[PDB]
> 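Hi! Got a PDB file here: meropenem (bound form) bound to L,D-transpeptidase 2.
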Amino acid sequence: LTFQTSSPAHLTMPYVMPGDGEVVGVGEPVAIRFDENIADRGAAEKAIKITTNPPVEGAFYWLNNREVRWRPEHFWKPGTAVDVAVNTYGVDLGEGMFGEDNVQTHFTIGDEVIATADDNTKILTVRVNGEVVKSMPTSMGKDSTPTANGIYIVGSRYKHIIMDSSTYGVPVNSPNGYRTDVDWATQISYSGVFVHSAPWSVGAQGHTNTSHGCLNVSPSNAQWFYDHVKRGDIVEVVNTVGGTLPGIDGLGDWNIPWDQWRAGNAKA
Ligand SMILES: *C(=O)[C@@H]([C@@H]1N=C(C(=O)O)[C@@H](S[C@@H]2CN[C@H](C(=O)N(C)C)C2)[C@@H]1C)[C@@H](C)O
């Protein structure tokens, strides 16, 4: 090791996901998020070495100035081992910022889990390695607030969570201020789309869209989803009146056409 001089005002640390040793779904990108905006994005990329077994072609794309993603063209093949070496220690990241340390993570791809929410049938169907394991009636976004179509990556899971409209800057005791307690919530977009328990819409699930954009399912189906779906599994939404989920949402990565993703967007 070669020592690098440093100052707490001129250092930035990388954080890698997913965690070391984790088993993730086929949609999980590698994510490296820095604790500061990066000016030399080309230098960061060059510092990161991703190796796969079986080997598959992949590429980097920046979600924003803090976070870079790497994925293949198509969903991961189950069983794949992925090694990530972020060799940023002492790397000049531009504007006098330097990499603070190296981080190394290793993870594996589990079963192919793909759930399709079809707005034509109002059924959410979960396939594991091509086989249907579960059908759930669902209620998605009403016409004024539709659920976007596209490919969503499963993120965090919560036994209980608060949906508070003021974090979207729209207060309660307001036009639409809500503060709502929700059980068994699985996050599928950074914009705040969740699959979750909705006892208040059980009669509509399978028939009519009534939500603000979330996938409302029954309490027991929502608990099922929470138990059986992991980070990196895929939810595909089709046939809604909405547009397409933004590719830079945070969990929207697969919505970016491969030619654009591969070309990348790194200021070098
Ligand atoms: C889920 O139902 C939650 C709501 N779902 C949303 C979504 O589908 O993205 C948003 S509301 C929607 C997104 N953009 C519009 C807006 O005015 N902004 C918030 C910027 C409307 C919301 C988190 C919630 C009800 O649990």
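For reference, positions follow the sequence shown, starting with 1. Quick note: numbers below take in every heavy atom, side chains included, and nothing from hydrogens, waters or symmetry partners. One-based numbering, in listed order, for ligands and for the atoms of each.
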> Which residues lie closer than 4.0 Å to meropenem (bound form) by heavy-atom distance?
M163, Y168, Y178, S191, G192, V193, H212, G213, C214
> Where is the nearest protein heavy atom to atom 18 (N) of meropenem (bound form): which residue, which atom, and how far?
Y168 CD2, 4.8 Å
> Can you pull out the closest protein heavy atom to atom 8 (O) of meropenem (bound form)? Residue, atom name and distance to 0.1 Å, please.
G213 CA, 3.4 Å
> If the model gives a covalent tether from meropenem (bound form) to a chain, what residue and atom sit at the other end?
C214 SG
> Do me a favour and list the nearest non-hydrogen protein atom to atom 24 (C) of meropenem (bound form) with residue, atom name and distance?
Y178 OH, 3.5 Å
> Name the closest protein heavy atom to atom 7 (C) of meropenem (bound form), giving the residue it belongs to and the distance to 0.1 Å.
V193 CG2, 3.9 Å
> Checking contacts now, so for atom 15 (C) of meropenem (bound form), which I'm interested in, is there any protein heavy atom under 4.0 Å?
no
> Suppose we measure from atom 10 (C) of meropenem (bound form) to each protein heavy atom; which comes out shortest, and what is that distance?
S191 O, 4.4 Å
> May I ask you to identify the nearest protein heavy atom to atom 6 (C) of meropenem (bound form), giving residue, atom name and distance to one decimal place in Å?
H212 O, 3.8 Å
> Taking a heavy-atom cut-off of 4.0 Å, which of the residues UniProt lists as Ca(2+)-binding in chain A lie that close to meropenem (bound form)?
none
> Give me the nearest non-hydrogen protein atom to atom 1 (C) of meropenem (bound form) as residue plus atom name, then the distance to 0.1 Å.
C214 SG, 2.2 Å
> Of the residues in chain A that UniProt says bind substrate, which have any non-hydrogen atom under 4.0 Å from meropenem (bound form)?
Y178, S191, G192
> Please identify the active-site residue of chain A, as annotated by UniProt, closest to meropenem (bound form), and give its minimum heavy-atom distance rounded to 1 Å.
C214, 2 Å
> Give the UniProt domain of chain A containing most of the residues in contact with meropenem (bound form).
L,D-TPase catalytic
> Which species is recorded as the source of chain A in this PDB entry?
Mycobacterium tuberculosis
> If we count only non-hydrogen protein atoms and require a distance under 4.0 Å, does atom 3 (C) of meropenem (bound form) qualify as touching the protein?
yes
